[PDB]
Every structure is written in C-alpha cells, then in structure tokens.
Trainee: 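The structure that follows is given in the form of structure tokens.
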Amino acid sequence: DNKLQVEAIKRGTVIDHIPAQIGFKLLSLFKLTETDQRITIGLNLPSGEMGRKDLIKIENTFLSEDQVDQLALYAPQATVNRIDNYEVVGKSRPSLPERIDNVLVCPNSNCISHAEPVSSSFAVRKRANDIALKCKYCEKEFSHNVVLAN
Amino acid sequence: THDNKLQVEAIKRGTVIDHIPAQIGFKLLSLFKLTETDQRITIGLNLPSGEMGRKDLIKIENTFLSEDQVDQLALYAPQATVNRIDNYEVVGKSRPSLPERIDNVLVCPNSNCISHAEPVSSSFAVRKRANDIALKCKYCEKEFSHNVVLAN
Amino acid sequence: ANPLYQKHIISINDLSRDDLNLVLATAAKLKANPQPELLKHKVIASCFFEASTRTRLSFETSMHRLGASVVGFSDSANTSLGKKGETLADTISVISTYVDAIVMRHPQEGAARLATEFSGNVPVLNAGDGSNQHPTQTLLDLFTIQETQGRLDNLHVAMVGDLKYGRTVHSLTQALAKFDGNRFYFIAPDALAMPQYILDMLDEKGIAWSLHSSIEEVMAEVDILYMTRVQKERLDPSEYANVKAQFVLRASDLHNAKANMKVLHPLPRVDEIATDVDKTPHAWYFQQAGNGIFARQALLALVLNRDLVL
Amino acid sequence: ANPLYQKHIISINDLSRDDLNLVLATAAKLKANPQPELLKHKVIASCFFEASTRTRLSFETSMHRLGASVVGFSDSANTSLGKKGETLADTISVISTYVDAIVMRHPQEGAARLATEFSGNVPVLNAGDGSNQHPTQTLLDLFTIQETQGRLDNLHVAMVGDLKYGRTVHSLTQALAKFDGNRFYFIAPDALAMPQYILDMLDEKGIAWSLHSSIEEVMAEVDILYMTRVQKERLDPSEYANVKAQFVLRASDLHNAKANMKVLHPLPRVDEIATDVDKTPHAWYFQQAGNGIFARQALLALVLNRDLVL
Amino acid sequence: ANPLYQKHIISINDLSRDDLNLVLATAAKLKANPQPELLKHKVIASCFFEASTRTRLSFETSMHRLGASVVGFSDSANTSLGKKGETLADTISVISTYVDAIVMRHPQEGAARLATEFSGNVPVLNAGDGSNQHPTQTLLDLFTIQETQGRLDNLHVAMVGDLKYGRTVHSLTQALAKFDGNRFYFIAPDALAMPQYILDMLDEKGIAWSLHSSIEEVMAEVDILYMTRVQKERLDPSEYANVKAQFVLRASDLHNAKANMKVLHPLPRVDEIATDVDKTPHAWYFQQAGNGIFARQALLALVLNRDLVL
Ligand SMILES: Nc1ncnc2c1ncn2[C@@H]1O[C@H](COP(=O)(O)OP(=O)(O)OP(=O)(O)O)[C@@H](O)[C@H]1O
Ligand SMILES: Nc1ncnc2c1ncn2[C@@H]1O[C@H](COP(=O)(O)OP(=O)(O)OP(=O)(O)O)[C@@H](O)[C@H]1O
Ligand SMILES: Nc1ncnc2c1ncn2[C@@H]1O[C@H](COP(=O)(O)OP(=O)(O)OP(=O)(O)O)[C@@H](O)[C@H]1O
Ligand SMILES: Nc1ncnc2c1ncn2[C@@H]1O[C@H](COP(=O)(O)OP(=O)(O)OP(=O)(O)O)[C@@H](O)[C@H]1O
Ligand SMILES: O=C(O)C[C@H](NC(=O)CP(=O)(O)O)C(=O)O
Ligand SMILES: O=C(O)C[C@H](NC(=O)CP(=O)(O)O)C(=O)O
Ligand SMILES: O=C(O)C[C@H](NC(=O)CP(=O)(O)O)C(=O)O
Ligand SMILES: [Mg+2]
Ligand SMILES: [Mg+2]
Ligand SMILES: [Zn+2]
Ligand SMILES: [Zn+2]
C-alpha cells in the first residue's frame with residue numbers, strides 16, 4: 001500500500017480554524033516559513049465549524065498573546081493551540097490588538113516612515129464594521145483593506 | 001485510536017511534488033499561484049529526507065502542473081520529483097525535463113535590455129551546463145547564470 | 001514639575017484640555033510680566049526644513065525675549081543632510097547632543113514624531129510636519145480666539161479653504177473639540193475636504209458640524225471665520241484645479257456679521273482675503289500673528305522651566 | 001530566391017559564412033557597375049533613435065543610388081514615441097504598414113529583434129542596438145578587409161580599445177570566426193575587455209586569441225589593426241576612469257608594421273588615432289567608411305530583390 | 001477639373017458629402033492599382049511644428065508612392081522661425097514660392113487657415129491645427145469605416161476618451177453627420193466632453209446622440225468603437241485629474257460585441273487600449289493606420305491633378 005502518515009508534533013503551535021484563502025496569506029505576512037523548523041500546512045480542509053478551513057502547524061515555535069492578537073485582522077475566528085508533550089496545553093482566540101508594527105506599509109507617500117530607518121506602526125480601532133489603522137508617524141488613518149504589507 | 005482525527009487522507013487523484021530543496025517549497029506556492037484553488041492541499045516544509053537531509057513537499061488534489069509550471073520547476077528545483085497520482089497510486093514519476101526556452105517569468109538582468117520597457121514577454125534560451133545552467137536573452141543576446149537571473 | 005516640563009510637543013491629539021489651558025495661562029502671565037532671563041543658559045535649535053516667516057521668526061524672537069540662545073538653519077540645503085546624504089534620524093541624533101530643545105518644521109508628515117525617537121531627553125517642538133500637525137499655531141489661535149471672544153466654548157467656528165492639507169485646521173479642530181459645545185462649518189472644495197479622521201472624532205464627541213458651499217450661508221452665525229491658503233506645495237497634480245482660492249473674503253462680505261466676529265488666517269494669504277478686509281474691525285490675522293510670541297514664549301517656558309511661572 | 005530575400009538582418013550570429021560572402025560578392029559587383037533602378041518603387045524607413053553620421057547617411061545614400069525613396073527620422077524627439085508616450089512596439093506596428101523595409105538604430109540592446117515581432121512581412125535591418133550588434137558595420141568591415149588583404153582566412157587581426165561596449169567588434173569577431181585560421185589579438189583596458197561570450201565562441205571553434213597591453217607588442221605581425229572609440233555614452237559611472245583613449249596610435253608606432261597592414265576604425269575617432277596617421281599608407285578608415293556604400297547597397301538589394309543578375 | 005483640384009484642405013466643415021466620397025472612391029482605386037508617376041515633378045513641403053509619427057510618415061510615403069519629392073521639417077527648432085524670430089506668416093510666404101503644396105501640422109488652432117492667406121496659389125493641407133481639425137485623419141477613418149462596415153449610413157458609432165481636445169473626433173463627427181441616420185454615443189469625462197458646437201450641429205441636423213459613463217453600456221450595439229488618447233499636451237493645468245485613461249478597453253469587454261464591430265483609434269494609444277485587444281478580430285487601429293496611405297495619396301492626387309482617370 002503506502003507509508004503515508006503525518007506525525008503529531010511534540011512541541012509547538014497549531015493555528016486552527018483559519019478561514020479559506022487566508023492560510024497562505026498568514027504564512028506570507030508573518031514570514032512563518034522562514035525557519036528550519038518542521039511546518040505542516042493543510043489548505044481547503046473540511047471543517048465541522050467552518051465547512052472549509054486552513055491549518056498551520058509549526059514545530060518548536062510559540063506565539064505570545066500579542067503575536068496571536070496580530071491574527072485578528074485576518075483570521076479573528078481562529079484558534080491558536082499551544083502544544084507540549086503532544087497535548088493541547090493552551091487554546092487562545094485572537095483579540096483585536098491595539099497596534100500593528102513592522103509588517104504593514106503606510107499608504108501615505110509623504111509619510112516620513114518610508115524615507116527613514118524606522119519600523120511602521122499603526123493604532124488599531126473598530127470603525128463601523130471596518131478596521132481603521134492610524135499611522136503613528138503621519139497620523140493619517142486608513143481602512144486596513146488598503147494598507148499593504150512589506 | 002483516539003488519534004484518527006490527526007491523519008490526513010491520501011489523494012485519489014492529483015500531484016505530489018517531492019524532494020523540493022529547503023526554502024523553495026514556499027516560493028513555488030506563490031510563483032505557481034498554487035493555493036489559489038478550492039482543492040485540498042497539504043504542505044510539508046523542512047521535512048527529514050534520506051535522499052537530501054531536509055526537503056519540502058507539496059500535495060494537491062485533482063490538480064496537475066501545467067507544462068509552463070513543469071518547465072519552470074526544472075529550473076527552480078531541478079532535483080524535485082513530480083508524482084502523478086490516479087486511484088491512490090503513483091502512475092507517473094519523473095524529474096521535470098529541462099526545456100530549451102522559458103518565457104514570461106524571468107527578467108533579464110541587463111538593465112539596458114529593450115525587454116524592460118516594452119510590452120513583450122521575456123524569453124531565454126535554456127542550455128544545461130556543468131555547475132549551473134545558462135539563460136540567453138532573446139532580445140539583448142546576453143547570456144547569464146540562472147543564479148543571476150533567478151535573483152530576478 | 002509642571003505637566004508640560006520636558007514634554008515633546010508633537011500633536012494636539014496628544015494634549016488635553018488642561019494642557020492647552022496651561023499654555024494660555026502662562027502666556028497671559030509672561031505678557032503681563034516678562035521674565036527676560038527665564039531661559040538664560042538654554043541653547044535651542046531652530047531647524048526649518050521647509051519655508052517659514054511667522055513660525056520661525058516668532059519662535060526665535062520668543063527664545064531671545066526669555067534670554068535663550070539660538071542655533072539652527074532655515075533650510076536644509078547646507079546641512080550634511082542636504083549635501084552628504086545624511087538621514088534625519090542621524091541629524092537629530094547629533095543635534096540633540098548640543099541643545100536644550102529642538103524646534104523643527106519639515107515637509108514630511110511624521111518628521112517631528114520620528115525626531116523624538118532619536119532626541120533622547122531633548123524635547124522636540126513640532127513647528128509643522130507636512131500636512132499633518134501644527135500645534136503651536138493652534139496655541140496662538142486658541143489664545144487669539146479667547147482674546148476676542150472671551151471664551152473657547154460654545155463658539156460658532158467656520159473654517160474655509162484647503163482643509164485636507166491644512167495642518168493648522170487639523171490641529172485647531174482637534175483642540176476646539178476638547179472644549180464644550182463648539183459648532184463647526186466647513187467650507188472647502190470637495191477635493192480638499194476635512195479628513196475623515198477629524199470628522200469621526202467630532203462624531204464620537206457628539207459635536208455638530210456641517211459642510212457649506214459658501215461663506216454667506218454662515219456669516220450671520222459665525223464668531224470665528226478661519227480662512228486658509230490652498231496648500232499648493234502639498235497638492236497632488238490631480239488636485240491642481242484647486243490652486244486658486246475658491247472663496248474670497250472681501251469687506252463687502254462682512255455686512256451681516258456679528259460685531260464680535262473676527263476673521264483669522266494662519267497666513268500667508270494669497271487672495272482668499274482681499275486687502276480691503278484689512279481695515280475693517282473684523283480683521284485680526286495680524287494681531288493673531290503677533291500673539292504667536294506669547295503662545296511660543298509660554299510653551300518654551302513650560303517645556304524648559306520646571307516650575308509654573310507667575 | 002536568394003538566401004537573404006525578405007530576411008531580417010539583426011545579428012551576425014544568425015548569418016552563415018555563405019550569407020556574408022553573398023553580400024561581399026554582391027557589393028563587389030555593385031561597386032564595379034551600378035544598378036540605379038534596382039529598388040525603384042521601394043520606400044524604406046530610416047529610423048534612428050540615437051546619433052549617427054556614417055551609418056544613416058551611407059544607408060540613405062545607398063537607397064537613393066538604387067532608386068528607392070526614404071522616409072524616417074534621425075531623432076525620436078519629434079515622433080509620437082518622443083512626445084505622446086508611444087511604445088516602440090506600436091511605432092513599428094504602424095511604420096510597417098507604410099514601407100518595404102525598416103532600417104533602425106536604437107540605444108537599447110534587442111530593439112531590432114523586438115521590431116521584427118511587430119513588422120510582419122517587413123524586413124528589419126539593425127543599424128545598431130545598444131552595445132549588442134552592428135551587422136552592417138561588419139559587412140563593410142569584411143568587404144574592406146577582403147579588398148585590402150585578398151582573403152578572409154588566416155589573418156592576424158588586432159582589436160584595440162573599448163571591446164566591451166563595441167557592438168562593432170562583437171559582430172566583426174563573430175563573422176571573422178566563421179572563416180578559417182584567423183588569429184585575434186585583443187588590446188583593451190580590463191574594465192572594457194572583450195566579453196566572455198565572444199571568447200567562449202572563439203574557444204569552442206578552436207580559434208587562437210590572446211590579450212596584450214600594447215600595440216607595439218603585435219605591430220610587426222598584424223594584417224588588420226582595428227581601432228575603436230571608448231563608448232562613453234554606454235559606460236557605467238563606475239567606469240569613468242576609462243573615458244580617455246588608453247591606446248593612442250601615432251604614425252611613429254607603425255615603423256615595424258607589415259607593409260600590407262591596414263588601420264581600420266568604424267569611426268568616429270576621438271584621440272585613439274592621431275591625425276598624423278592619416279597620411280600614412282596604413283590609414284584606411286576613410287576608405288573603409290566609403291565602402292559602407294557598396295555593402296549597404298548590396299544588403300538592401302539582396303533583401304528586397306528575389307533574384308539579382310549581375 | 002475635379003472638385004478638389006487646387007483646393008485648400010483645412011476643415012471638414014468646408015467639405016461636402018460628395019467631396020468626401022470622391023476621396024474615398026479615389027483611395028479605393030489607388031489601393032487597387034497604384035499610380036507611381038502621378039505626381040512626378042511635384043515637390044511638396046511637409047512642415048511639422050509638433051510631434052507626429054503616423055501623419056508625417058504616411059503623408060511622405062504617399063508622396064513618394066505617387067512619384068513626388070518632399071522637403072520640409074519635423075521640428076521648427078532649426079528653422080528661422082525657431083531661431084531668428086520669424087513669423088509663421090513669412091515662413092509660409094517664402095515656402096510657397098518653392099513648392100506645389102504644403103502639408104502642415106501646428107500646435108495652434110487656426111495655423112493652417114492662416115497659412116492659406118499667405119500661400120497664394122499653393123494649396124495647404126492641414127495635418128492638424130491644435131485641438132481644432134484633423135481632416136486627413138477623418139478621410140482615412142471614413143475609408144476604414146466604409147471598408148469594414150460597407151456603408152457610411154445608419155451606423156452606431158461610439159467615441160471614447162478625450163473628446164474635448166480630440167481634433168480627430170471633431171472632424172470625424174462632422175463628416176459622419178453629413179451622412180444619413182448615423183447614431184452617436186459619447187463616452188467621455190465631464191471635463192473633457194464633446195464640445196457644444198459639435199452637439200449643436202448634431203441637433204440642427206436631427207442626429208441622435210447620447211452620453212454614457214461606460215463602454216459596456218453600448219458594447220452590444222456599436223458598429224464602430226472609436227477610442228482616443230487624452231491630449232495631455234493640450235490640457236489646462238486645472239484638468240490634470242484627467243491625465244490617466246478613464247476608460248480602458250480590454251479583450252474581455254468585447255464578449256457582447258457585434259461580430260462586425262471594429263475598434264478604431266487614430267493613435268498613439270497610452271493605456272486606453274490594453275495590448276490583449278490586439279489579437280482580437282475587433283482590433284483594427286493598425287489596419288486603420290495603414291489606410292492613411294491610400295486616403296492621403298488620394299487627397300494629394302485630387303488636389304494636384306486636374307483630372308484623374310482610374
Ligand atoms: N500533537 C499534535 N500534533 C499535531 N497536531 C495536533 C496535536 N494535538 C492537536 N493537534 C491539532 O490541533 C488542534 C487541537 O484541537 P483539539 O485537540 O482540541 O481538537 P478540537 O476539540 O476539534 O478543537 P476545537 O474545539 O478548537 O475545534 C486540532 O486541529 C488537532 O488536529
Ligand atoms: N498535519 C496535517 N496536515 C494536513 N491536514 C491535516 C493534518 N492534520 C489533520 N488534517 C486534516 O484536517 C481536517 C480537519 O481536521 P480537524 O481535527 O481540524 O477537524 P475537526 O476538529 O473535527 O473540525 P473543526 O475544524 O470544526 O474543529 C481533517 O480532514 C484532517 O485530515
Ligand atoms: N495517494 C497519495 N496521496 C498523497 N500522497 C501520496 C499518495 N501516494 C504517494 N504519495 C506521496 O508521494 C510520494 C510518492 O513517492 P513513492 O510512493 O514512490 O515513495 P518513494 O519510493 O519514497 O519515492 P522516491 O523514490 O521518489 O523517493 C511519497 O512522498 C508519498 O508520501
Ligand atoms: N503529507 C505529509 N505532510 C507532512 N509531512 C509528511 C507527509 N508525508 C510524509 N511526510 C514526512 O516526510 C518524511 C519523508 O517522507 P517520505 O517517506 O515520503 O520520504 P522518504 O522516501 O522517507 O525520503 P526521501 O524520499 O526524501 O529519501 C517523513 O518522515 C514524514 O515525516
Ligand atoms: O502655510 C500656511 O498656509 C499655514 C501655516 N502657516 C504658518 O505657519 C506661517 P509661516 O509659514 O510663515 O511660518 C503653515 O501650515 O505653515
Ligand atoms: O560609435 C562607434 O564608436 C562605433 C560605431 N560607429 C558608427 O556606426 C559610425 P556612426 O555612428 O557615424 O553611424 C557605432 O557603434 O555606432
Ligand atoms: O494625437 C492623437 O492622440 C490623435 C492624433 N494622432 C495622429 O495624428 C497620429 P500622429 O501624431 O503619430 O501623426 C492627433 O491629433 O495628432
Ligand atoms: Mg476541532
Ligand atoms: Mg522516497
Ligand atoms: Zn504614515
Ligand atoms: Zn535581455
């Protein structure tokens with residue numbers, strides 16, 4: 001027959017219930033694949049809670065509450081499982097962070113952040129049912145949908 | 001037997017791209033736009049390998065690489081293995097054949113090449129060599145290492 | 001220490017109603033009773049990376065009326081940033097080893113905020129950063145509005161012209177919104193409208209504001225007519241239809257205006273205020289400019305002198 | 001049809017020894033007895049996107065000597081590509097609906113090849129594309145070498161100066177390498193050496209070539225001394241140390257020359273050939289230029305006429 | 001004499017339906033069987049005071065195909081008007097003592113009309129005068145429409161883009177309006193709408209026209225989709241919001257097109273027609289350009305020959 005098998009991880013993180021099409025986006029942003037650690041990704045998996053979902057497993061790697069919170073912009077209904085000795089030892093859900101640093105680029109062409117050795121930074125807030133991001137430097141505010149990443 | 005919620009199903013029909021060198025797997029996913037599908041996909045990055053120590057691995061259901069993608073794969077990951085699967089079985093297995101031309105995806109490193117300014121598809125004569133592989137631009141006629149070019 | 005001692009002064013959005021009132025109270029006192037040696041032995045940097053007449057000269061004048069010395073530049077072309085490719089970060093990193101405060105104007109939004117991240121313990125005072133903020137303009141404006149209306153609350157305030165790129169009206173609207181019951185009329189071309197982050201802030205505070213297409217609609221009601229220049233140096237090429245003042249105030253436009261109403265303008269004006277307005281008792285933009293001395297003296301005192309003055 | 005009828009003439013790489021000999025034989029005949037109506041009723045575009053004296057004027061004269069009409073431009077600045085943003089692609093797309101052949105010089109490598117993808121059945125002749133190829137220069141060069149030496153085989157040929165950016169020597173080396181037993185001497189600054197893909201071609205054909213740091217080093221044995229200009233409009237700023245001629249030929253350097261040796265230069269020269277060379281029997285760059293007429297007539301005649309009887 | 005013998009060709013307004021049909025019939029004949037000596041012993045001036053690729057090169061090619069000689073310039077910078085202050089009046093006054101006809105393009109409206117007041121018996125052909133008229137473009141346009149549609153009546157014609165500054169559509173609309181039962185769809189930004197004097201002419205002839213904000217709105221019913229370039233060298237600074245193509249045609253927009261529909265564009269295009277359109281059967285802008293040869297030959301032949309027998 002065959003030797004097909006996916007060996008459960010001893011220690012690390014399992015990001016579950018990622019909405020369809022978002023899994024690859026998370027990998028791209030947070031540079032999750034820039035590591036020598038074993039990673040396992042399932043995309044378009046069947047789900048009871050969601051119908052379709054993506055799933056990211058990363059060995060020997062953990063996310064702080066803030067790192068988990070960054071995920072709220074993209075996958076708010078995701079579950080982040082911390083794993084030690086093959087056991088789910090922690091389950092967290094992303095709560096909207098107060099700031100998003102480093103990964104996004106201010107869309108204002110005249111912002112000082114583009115010309116100088118600083119890291120991007122936006123304050124995060126709910127506006128209607130949109131998420132508004134206010135650049136720490138130029139203080140202009142944008143819909144998160146138009147604020148690109150690096 | 002509790003654990004039966006942890007074992008990915010084999011594919012009935014589709015492709016398994018194996019022996020991808022480390023750090024290439026994720027690159028292939030973007031370049032081939034593979035994740036832009038509703039088909040089930042599983043990916044292993046930095047997996048143990050007898051043949052090559054560490055490797056990446058991509059499996060896609062009900063889906064096959066296009067001739068474009070197969071030709072480009074020969075360049076990105078020459079030692080990678082393409083497995084075609086029907087009825088849960090490997091019916092075809094091969095290292096992708098090097099093509100003679102690669103169009104559209106590469107960028108000529110000659111900055112004064114006309115191909116940058118104009119609405120034409122890039123094109124490079126591909127010839128296999130000793131240590132690397134040579135790409136000669138259809139327009140400027142200059143020849144480069146795929147190393148210099150694949151640093152697009 | 002007073003609340004503002006050694007504080008960076010970057011954005012009105014970082015200040016409270018109490019901070020603003022503290023500046024104004026200090027201004028009254030120093031105008032009443034100048035303390036010509038309050039800042040003796042201070043050396044302050046005056047660093048202007050874009051053009052200025054009022055802000056730079058009033059700031060430097062304020063520094064000398066308080067006894068401080070002044071170093072700096074009125075353009076960047078002959079700094080090492082101008083000729084040798086130095087970053088602004090490195091410029092601030094060295095200048096902040098020389099002086100007791102840095103006053104800076106810069107053409108990019110966020111410049112003054114960035115400077116604070118490299119100035120260590122040296123306070124940065126934002127003399128204007130692109131089309132973002134102009135907090136010391138707001139201080140002198142508040143002082144002037146108080147001087148002529150007797151209060152900062154329950155006022156009718158019209159702002160006219162380029163509201164999108166007016167760093168002056170961004171700062172001033174945020175500041176007046178910290179006071180109770182003020183009402184706003186925004187008279188701007190569609191393309192240069194007040195930005196959404198300002199309007200959202202007003203809505204959150206339940207402040208009333210509306211858009212008008214003419215000065216005449218609001219003239220009867222207004223206590224403060226705040227005219228602005230089109231910020232042509234900030235305009236995208238797509239916005240070049242808006243270079244000419246869309247609204248021109250003339251003396252005849254002032255018939256049905258309240259006797260308490262003042263016309264303000266951060267200056268320079270192009271044609272948005274005709275010269276015939278100058279002689280009318282409503283014109284107060286030159287008086288407004290002169291109050292920059294008291295506001296800026298006040299701010300330097302609060303930032304560089306530990307105790308409240310008397 | 002003759003082998004060159006309706007063919008694009010883009011790169012010496014695409015031509016055989018027989019093709020080159022055909023042009024040379026055809027040129028010898030047209031020089032011997034002219035055919036003034038050979039291209040009657042042809043209109044040919046001369047499109048120069050960078051400077052030229054010899055190539056454009058000899059090409060146009062050639063067209064007229066064969067009875068053709070000429071349209072075009074010596075500068076792109078007043079075409080719609082120069083003023084309205086038009087691509088080279090579209091430019092060729094329309095011009096190829098007007099004329100029977102297109103002669104083009106362009107500052108980017110590949111421009112002529114690209115034109116062939118838009119010109120349909122209209123042949124494109126490459127009058128120079130960046131630092132890549134210059135096939136018609138090579139045609140006249142071969143013709144001149146053949147005339148003076150009696151052969152294109154077993155020659156000793158030195159090429160001096162900017163070999164990196166010299167499209168002239170890229171084409172000439174390739175062509176001479178299609179003949180037997182030629183030996184090459186490359187005299188160039190390191191930063192401007194003959195490129196490797198040329199040397200590789202010489203190697204895989206087992207052709208002897210060597211590098212030298214002086215002309216006197218090889219003066220006594222060369223049949224053809226091919227001088228070149230530093231292509232300063234092509235140099236990277238990092239290569240400005242090489243702007244001046246590194247090798248300057250003077251009449252006195254020719255004391256040990258073979259009597260039959262000729263000095264060639266595709267022209268224009270700056271200082272690499274001193275004016276005292278001009279009077280010597282070895283100077284042949286002006287006669288070479290004059291031969292552009294017969295090579296270019298020959299090329300046009302073979303491309304636009306199915307069969308020639310001469 | 002034919003109706004157009006020795007006539008100036010300045011504005012479509014001065015021509016009748018019969019005049020236009022004469023050129024079209026004459027062009028069809030010259031395309032069918034060429035007359036290479038028809039303008040033998042004529043010398044014609046080609047005077048371009050602004051950029052051109054198609055108009056100047058097709059005109060000059062046309063002259064050569066008919067056996068005429070050509071003198072002139074593609075830039076005024078090296079004429080005595082460009083360097084010595086000479087008026088256009090004097091320029092035409094002397095050139096009209098040399099040549100048998102004058103083809104002129106100029107950046108000011110009226111320039112060609114003015115030339116006719118100084119050229120005496122020498123006919124002036126307007127190759128474009130500012131944003132006013134472009135009669136020879138219209139001649140080739142009509143010829144292309146006639147070829148592809150079989151008629152110049154009862155067409156559905158859409159014109160897209162910059163209709164305000166498009167001298168091409170000013171002339172084309174006027175000409176099509178001399179035929180019966182055509183219907184027009186104008187798809188343009190407000191700031192660049194078809195001018196009122198054109199619409200008025202349509203009204204007083206009872207011709208149906210309407211305005212639309214999209215191409216898909218009319219795709220299913222148009223016989224001719226006439227795309228245009230934004231005339232950015234004509235825009236007032238206040239109109240720079242319109243510099244980018246507002247309407248971009250792509251292959252996928254043609255899914256519901258009439259099978260016989262053709263996409264035209266006087267060229268050059270910037271982005272208003274995507275390159276993926278080129279391969280579709282509806283793309284006809286290059287064939288259109290190619291027809292400039294037959295329309296311009298026809299015009300020259302009718303103006304310079306008393307009677308034609310073909
Ligand atoms: N040792 C392990 N190695 C790899 N994956 C694991 C391991 N342990 C758990 N997982 C995966 O992490 C997630 C853990 O969730 P859990 O074990 O609670 O299942 P669950 O009850 O379905 O979770 P939820 O209630 O959040 O849907 C599952 O997606 C499971 O596949
Ligand atoms: N390491 C892995 N790589 C790829 N796919 C996996 C991996 N582990 C499990 N899967 C697949 O993920 C799918 C969903 O499993 P999971 O345990 O998340 O479902 P669930 O918990 O019952 O549903 P819900 O997502 O609602 O909690 C299964 O079909 C399984 O085959
Ligand atoms: N039905 C299937 N579904 C999913 N994955 C499969 C399926 N069949 C095979 N594979 C995977 O595709 C690859 C097929 O290789 P194969 O079965 O020949 O093993 P192998 O002998 O190790 O191959 P190789 O010699 O190329 O290393 C394996 O990595 C396997 O895990
Ligand atoms: N679907 C999968 N997802 C993630 N990891 C996998 C999957 N299938 C196999 N692996 C991992 O990859 C490793 C090697 O897989 P496999 O047996 O297919 O290759 P191999 O033949 O052992 O190695 P190689 O062919 O490279 O010498 C295994 O140890 C397993 O942990
Ligand atoms: O420039 C304006 O129109 C308003 C305002 N003006 C000033 O600060 C006065 P000045 O530029 O002379 O220092 C500004 O934002 O710079
Ligand atoms: O420019 C050179 O030095 C060599 C060569 N020269 C010529 O073709 C002569 P011209 O530029 O006058 O046509 C060239 O590549 O253009
Ligand atoms: O320029 C245009 O967009 C349309 C029109 N175009 C042409 O005549 C083609 P050309 O400018 O190449 O002669 C014109 O009015 O000049
Ligand atoms: Mg679950
Ligand atoms: Mg294996
Ligand atoms: Zn910003
Ligand atoms: Zn190239």
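Residue numbers start from 1 in every chain, and the chains themselves are labelled A, B, ... in the order their sequence lines are given, proteins ahead of strands. Numbering of ligands and ligand atoms starts at 1, following listing order. As a basis for the values below, the full set of heavy atoms in this structure was taken, side chains included, without hydrogen atoms, waters or symmetry mates. What you see here is only part of the deposit, and the contact count is restricted to that part.
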Trainee: Counting heavy-atom pairs under 4.5 Å, which macromolecule has the most such pairs with ligand 7, as named in the PDB entry?
Mentor: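 It has the most contacts with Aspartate carbamoyltransferase.
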Trainee: State which of MK 1903, 19-nortestosterone, N-phosphonacetyl-L-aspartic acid, D-amphetamine, S-pomalidomide occupies ligand 7.
Mentor: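 Of those, it's N-phosphonacetyl-L-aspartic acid.
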Trainee: Write down the other chains contacting N-phosphonacetyl-L-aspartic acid (ligand 7), where contact means heavy atoms under 4.0 Å apart.
Mentor: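 Those with a heavy atom under 4.0 Å: D, E.
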Trainee: Mind pulling out the residues near N-phosphonacetyl-L-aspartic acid (ligand 7)? I'm using a 4.0 Å cut-off on non-hydrogen atoms.
Mentor: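 Within 4.0 Å (heavy atoms), the residues are D:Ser80, D:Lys84, E:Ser52, E:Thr53, E:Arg54, E:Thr55, E:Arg105, E:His134, E:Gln137, E:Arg167, E:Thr168, E:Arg229, E:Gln231, E:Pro266, E:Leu267, E:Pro268.
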Trainee: Considering only protein heavy atoms, which is closest to atom 16 (O) of N-phosphonacetyl-L-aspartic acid (ligand 7), and at what distance to one decimal place?
Mentor: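 Residue, atom and distance for the closest contact: E:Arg167 NH2, 2.9 Å.
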Trainee: At a 4.0 Å threshold, what atoms of N-phosphonacetyl-L-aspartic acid (ligand 7) neighbour a non-hydrogen atom of E:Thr53?
Mentor: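 The list of qualifying atoms is 10 (P), 12 (O), 13 (O).
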Trainee: Which protein non-hydrogen atom lies closest to atom 4 (C) of N-phosphonacetyl-L-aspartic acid (ligand 7), naming both residue and atom, and how far is it?
Mentor: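 For atom 4 (C) of N-phosphonacetyl-L-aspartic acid (ligand 7), the nearest protein heavy atom comes out as E:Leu267 O, 3.5 Å.
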Trainee: For E:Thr168, counting its heavy atoms only, list the atoms of N-phosphonacetyl-L-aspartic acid (ligand 7) lying under 4.0 Å from any of them.
Mentor: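 Reading through N-phosphonacetyl-L-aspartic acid (ligand 7) atom by atom, the close ones are 4 (C), 5 (C), 15 (O).
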